[PDB]
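All chain A residue numbers match the PDB entry; in order, they span 3-437. Just follow the structure's listing: the first ligand is 1, and inside any ligand the first atom is 1. In what follows, every heavy atom counts, from backbone to side chain, and hydrogens, waters and symmetry copies are set aside. This deposition comes from X-ray crystallography, 2.5 Å.
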Amino acid sequence: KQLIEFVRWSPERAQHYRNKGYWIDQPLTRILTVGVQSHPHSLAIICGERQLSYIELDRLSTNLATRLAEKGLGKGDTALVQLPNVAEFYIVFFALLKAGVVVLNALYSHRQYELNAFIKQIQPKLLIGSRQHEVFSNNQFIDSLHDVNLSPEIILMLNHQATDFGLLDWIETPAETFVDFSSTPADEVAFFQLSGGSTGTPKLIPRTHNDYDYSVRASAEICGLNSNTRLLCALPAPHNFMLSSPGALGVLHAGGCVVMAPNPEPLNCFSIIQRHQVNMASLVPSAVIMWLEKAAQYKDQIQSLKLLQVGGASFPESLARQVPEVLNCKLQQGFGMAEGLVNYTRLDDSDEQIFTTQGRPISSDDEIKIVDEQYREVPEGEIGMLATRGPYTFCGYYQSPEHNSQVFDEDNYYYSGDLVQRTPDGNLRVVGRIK
Ligand SMILES: Nc1ccc(C(=O)O)c(O)c1
Ligand SMILES: [Ca+2]
Ligand SMILES: [Ca+2]
Ligand SMILES: [Ca+2]
Ligand SMILES: [Ca+2]
Ligand SMILES: [Ca+2]
């Protein structure tokens, strides 16, 4: 009965964000619904040899949602999902959003310790994973949960065994009996994001439909997505970068197509890019270097690339200038965080801006503060600590009142720990990290 707890925006701000059009109080399923009404047959996801249209995605995620509601799973409940970069990931995501289950998506590289900390935290009633994952190769992990009354009520397995509940079986056919189900309220938690750079296990970040949808819609505008965008998803699908800035959600919002790749392996990525004429991709600097090493020998397979998003680490100007030259495509530099703030160079910015800065905030109502150790605003140009608050920046970690009072100040600015400086053109440059 009780919806998931989280820290809220002040009503004064919540009104402002509604008045400005940022929060439109719609569930994240809006992306699916709106898509099925306009272009039900456009391809939504390409995965290997499979072609999922928008209405194909809608029907499949409904089948799963009706069977979860049939089992009594809905509002108030949580789910732990750990799937690889395949179409099933997005079916599950939209299926849980439809059913009102707050999902935490672990990284497919997370091992037993991390998954254990997540379960002890959200106490999920549903667990979706892969039998091909090391943790679910045997039954030791699933068994250890019973000893601590943390075992879930429903466990679905991809690449399942005869005994297991086949995830693909629950997706193909809907349930026999009818049960009503609905998303959580737009201004309530939709799912959990995972912090990056956390010393211990990643901390939980509650994302509501209102704020996440906004970052998706705004990211899509600044990154130029449209119904012809074919975006390669080579990074980990659950990551904020690959999902919402602009990510798969931004592409679907624009009526485009998501092309799945197991990882950013140059040769495989290059082949997928040529096969499906991928015209956009999003990478971290380490993967870009991998692509740069192989590009010259495979210029033809990657001709169709039109725009590359690079963010998430140091990207020196000497590397930036190689993207257009070697990868034959435009460069967009970004700097974001799962906690909220997302920065991007604009597609019309100068070459000096694109090649030596990480852009500027998505929202004109993103409030930025650059301070020193005496928590005072530094003179424009100098390096300082980044504090921010906006219409898509969280207001505190899940069930972490001690930590939250350390990273949030009285005015509720969030201190990312990132060191930055504001260039004359107004753009930000990320120059280091602090702790
Ligand atoms: N747009 C982006 C880029 C990078 C990150 C990141 O935290 O790695 C993000 O959360 C958003
Ligand atoms: Ca099909
Ligand atoms: Ca559109
Ligand atoms: Ca090109
Ligand atoms: Ca060239
Ligand atoms: Ca951080």
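By contact count, the main macromolecule holding ligand 1 here is known in the PDB entry as (2,3-dihydroxybenzoyl)adenylate synthase. The drug at ligand 1 is aminosalicylic acid.
Near aminosalicylic acid, within 4.0 Å on a heavy-atom basis, the structure shows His241, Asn242, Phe243, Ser247, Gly314, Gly338, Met339, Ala340, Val344, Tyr346.
Closest to atom 10 (O) of aminosalicylic acid among all protein heavy atoms lies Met339 N, 3.2 Å. Atom 3 (C) of aminosalicylic acid has its closest protein heavy atom at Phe243 CD1, 3.1 Å. For aminosalicylic acid, the atoms lying closer than 4.0 Å to a non-hydrogen atom of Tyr346 are 1 (N). Here the protein heavy atom with the shortest distance to atom 11 (C) of aminosalicylic acid is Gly338 CA, 3.4 Å. For aminosalicylic acid and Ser247, the ligand atoms under 4.0 Å from any heavy atom of the residue are 1 (N).
Per-residue contacts place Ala340 under 4.0 angstrom from the following atoms of aminosalicylic acid (heavy atoms of the residue considered): 10 (O). Note: other ligands/ions under 4.0 Å from aminosalicylic acid - none seen. Counting only heavy atoms of the protein, atom 8 (O) of aminosalicylic acid lies nearest to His241 NE2, 3.4 Å. Those atoms of aminosalicylic acid with a heavy atom of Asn242 less than 4.0 angstrom away are 10 (O), 11 (C).
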